[PDB]
Chemist: 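Structure uploaded - verinurad bound to Solute carrier family 22 member 12.
Numbers in chain A come straight from the PDB entry, and the residues shown are 2-57, 68-99, 111-324, 347-516, in order. Keep in mind that the numbers below use all heavy atoms, side chains included, and drop hydrogens, waters and symmetry copies. All ligand and atom numbering here is 1-based and tracks the order in the structure.
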Amino acid sequence: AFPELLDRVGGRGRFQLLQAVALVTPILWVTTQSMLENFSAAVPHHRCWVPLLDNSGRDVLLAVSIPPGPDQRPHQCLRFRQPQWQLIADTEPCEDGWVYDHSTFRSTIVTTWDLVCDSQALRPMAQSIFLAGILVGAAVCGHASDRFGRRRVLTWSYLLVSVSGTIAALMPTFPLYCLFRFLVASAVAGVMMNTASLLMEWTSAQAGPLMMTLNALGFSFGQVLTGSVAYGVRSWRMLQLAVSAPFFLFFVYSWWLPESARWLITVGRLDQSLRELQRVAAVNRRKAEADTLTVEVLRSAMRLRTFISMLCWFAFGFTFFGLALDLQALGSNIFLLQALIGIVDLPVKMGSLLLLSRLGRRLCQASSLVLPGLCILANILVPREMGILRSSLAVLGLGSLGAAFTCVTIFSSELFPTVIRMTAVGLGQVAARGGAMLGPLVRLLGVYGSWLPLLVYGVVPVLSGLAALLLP
Ligand SMILES: CC(C)(Sc1ccncc1-c1ccc(C#N)c2ccccc12)C(=O)O
């Protein structure tokens, strides 16, 4: 009887739009704390400290103390025991600290904790830890909102994000920074899950397409917001503070939004449900049918396809979260990137969807994975002087991968006995989230050659997409 009550109280109107505007804005900043691990842990050019240079012909002094490296650069991990003045065999690891290049970034976490050379694996692990935190927090919060409400959990998760972010920028050692970020990730996952549930709960009929389109648009704009904010603040201790502070301001205003009116009924909190419904009616201005509500009415109210979807979600999560966090290897000008991604994404997603869906439902699913995977794979062959071509290929690949989610979210999930889609989208989301903690771990394989990470990162989407043609 809840849909009839919602029709009696509203639908579309004013409040159902103010709630969307008030809830979408936190998603922009939520995106900022997931892709922030691209301007915070940025690796500049690091050389070895020398007693000759850098105080107790600059070019000759640099050439005599540091042996030449393989990639046409001074060596980043070794120095000469004694100035080899024979240069008009014996090398010792750096023992006086590195010297970094401060020309685009002032202080990253790499600069402050020397995560270079031998201690290199720790950098692709500080991201897998965050994704494991998101995975854990997206599973714990599921069993903590059906008993504590759907609005209180969001309000407290805002405060948790704010406090954990404001603390994580003031730690003196790596292990604690790898734990407070875990807490931030769990709280962010809770925020996203509850925002989606609240967005759908209050809306009917015109709820499926538009509201879930709004969330994807929010993420796409959050990417541009991340780029713009990173363009301004250059340090890393003043970036986490500036990104985590707005969540406290969101927490204060989050005390006025009404709670879900469908959860209040199944628990017996009829009186407050009535208060919430009448309050919503006044904002919606449809204060004509609300006189009907007199407690009693609310008292009466109170396999192959599945595996294919599993693999598609896993491939999307794997490739996207392994590629979007290393944009220093897809080209240059990191600030210009991370902003063209969303601007490409929205036109690309809309235009690709509109044209391809007319071919068929399976064709759109197939062409949204093979195309970006092949675009990424065809990036190795390009020589390292056509910067525009490789940058365009990478941007197109990421934009198409972003569109794959939408093309597999509301267009897909029908490939089942077709009762309701929240018993399948939620199952796919656990695979998508569990396919990202196995993400940046592939980037640990930069040794044994450097082409292999990109090769795997392009092959996996291609095989996953080509397996979708085997539906029967
Ligand atoms: C776990 C995923 C699949 S990814 C995600 C997790 C945490 N924070 C942000 C995103 C995210 C990033 C870029 C997107 C794009 N384009 C996007 C689109 C839809 C949903 C999430 C994202 C989810 O959240 O379902």
Chemist: Which residues from other chains neighbour verinurad at a non-hydrogen distance under 4.0 Å?
Modeler: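 Sure - by heavy atoms, that gives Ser35, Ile156, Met214, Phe241, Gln245, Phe360, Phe364, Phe365, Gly446, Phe449, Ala476, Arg477.
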Chemist: Which transmembrane segments of chain A, as ordered by UniProt starting at the N terminus, contain a heavy atom less than 4.0 Å away from verinurad?
Modeler: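 The UniProt segments of chain A with a heavy atom in range are 2, 4, 5, 7, 10, 11.
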